[PDB]
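Contents: one structure, followed by commentary.
Numbering of chain A is taken from the PDB entry, so the residues present carry the numbers 25-57, 59-252, 254-294, in order. Order of listing sets the numbers, starting from 1, for every ligand and every atom in it. These numbers come from the heavy atoms of this one structure, side chains and all, not from hydrogens, waters or symmetry mates. The way this entry was determined, per its header, is X-ray crystallography, 1.4 Å.
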Amino acid sequence: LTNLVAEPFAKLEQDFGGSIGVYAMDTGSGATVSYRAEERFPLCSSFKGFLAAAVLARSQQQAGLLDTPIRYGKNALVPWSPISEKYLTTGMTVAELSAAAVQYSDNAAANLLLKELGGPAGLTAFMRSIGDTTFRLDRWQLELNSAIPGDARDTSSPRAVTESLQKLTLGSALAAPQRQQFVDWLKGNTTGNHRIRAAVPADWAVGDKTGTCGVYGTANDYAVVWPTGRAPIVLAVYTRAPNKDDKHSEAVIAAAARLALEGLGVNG
Ligand SMILES: *C(=O)[C@H]([C@@H](C)O)[C@H]1C[C@@H](SCC/N=C\N)C(C(=O)O)=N1
């Protein structure tokens, strides 16, 4: 049931000037679309969605965790912290930091939560605990986005991203209340309107998390999509390019998502 219908991914990545990796799953029939799906690509900020899921998992054993108030100093505010900078003088709860990390890609919020979990190795350990043997987070923020060609640090594959996303949003990796909270945070994302969402009709529900490293044409998005009248679709779209100053493209990500839905026979 893999690639029952071929799609012109190769022409798309050649026009872009780099590499595109796609893995999309129809959770009803099990049919898939797969292109460079087992290659490694930089996660960039997309790790923050899995970070929030790891916080929710811990909250199953710590009933007070989500409402715990976290204060922080000005030294915590790194570039692109649009929510946490408004609460510097007050603090924010763990749940609020998680929402900001998912929905605004807030960097200070993600760093505080990574600390709570035991750093890059702690997030990696959570991913191992749901059966993902590909994901690796290795560095703390900023340098984790270097996107160096051939460097496996801070990478995963489109396939492992999609499989883990399915387990957390639709499967049994989280308890039911935590599962729906993760879905609700993804549905509220504000940074993805020109990526997978641009390929999804307005009357379908959708949640996603983006990544944009800023170098090497490297950017990405993953999403769960609920077309009406059929089972949900889970997909991941990752890009990279050979030269440090190659630009990323949101349009290429949206176009790749459209080809994935077409390959699955989902009318959009
Ligand atoms: C994560 O990928 C980004 C980290 C490295 O800052 C973060 C920033 C935004 S896009 C770039 C912001 N504007 C000028 N540089 C982002 C996202 O929306 O995915 N995540």
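- The drug at ligand 1 is imipenem (bound form).
- Of the chains in this structure, the chief binding partner of imipenem (bound form) is, as the PDB entry puts it, Carbapenem-hydrolyzing beta-lactamase KPC.
- The set of residues with a heavy atom less than 4.0 Å from imipenem (bound form) is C69, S70, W105, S130, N132, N170, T216, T235, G236, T237.
- Counting atoms of imipenem (bound form) from 1 in the listed order, those under 4.0 Å from a heavy atom of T216 are 18 (O).
- From imipenem (bound form), the nearest residue that UniProt flags as active site in chain A, along with the heavy-atom distance to 1 Å, is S70, 1 Å.
- For atom 7 (C) of imipenem (bound form), the closest non-hydrogen atom on the protein side is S70 OG, 2.9 Å.
- Residue-ligand proximity, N170 to imipenem (bound form), at heavy-atom distances under 4.0 Å covers atoms 5 (C).
- In the vicinity of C69, heavy-atom distances shorter than 4.0 Å reach the imipenem (bound form) atoms 2 (O).
- Looking only at heavy atoms of the protein, atom 17 (C) of imipenem (bound form) is closest to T235 OG1, 3.3 Å.
- When the UniProt beta-lactam-binding residues of chain A are filtered for a heavy atom under 4.0 Å from imipenem (bound form), what remains is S70, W105, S130, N132, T235, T237.
- In this structure the covalent anchor for imipenem (bound form) is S70 OG.
- For the pair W105 and imipenem (bound form), the shortest N or O to N or O distance does not fall below 3.5 Å.
- Taking a distance limit of 4.0 Å, we find that atom 3 (C) of imipenem (bound form) is approached by some protein heavy atom.
- Taking only nitrogen or oxygen atoms, main chain and side chain alike, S71 does not reach within less than 3.5 Å of imipenem (bound form).
- If you number the atoms of imipenem (bound form) from 1 as listed, the ones under 4.0 Å from a heavy atom of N132 come out as 4 (C), 6 (O).
- Of the protein's heavy atoms, none falls inside 4.0 Å of atom 15 (N) of imipenem (bound form).
- The entry's source annotation for chain A reads Klebsiella pneumoniae.
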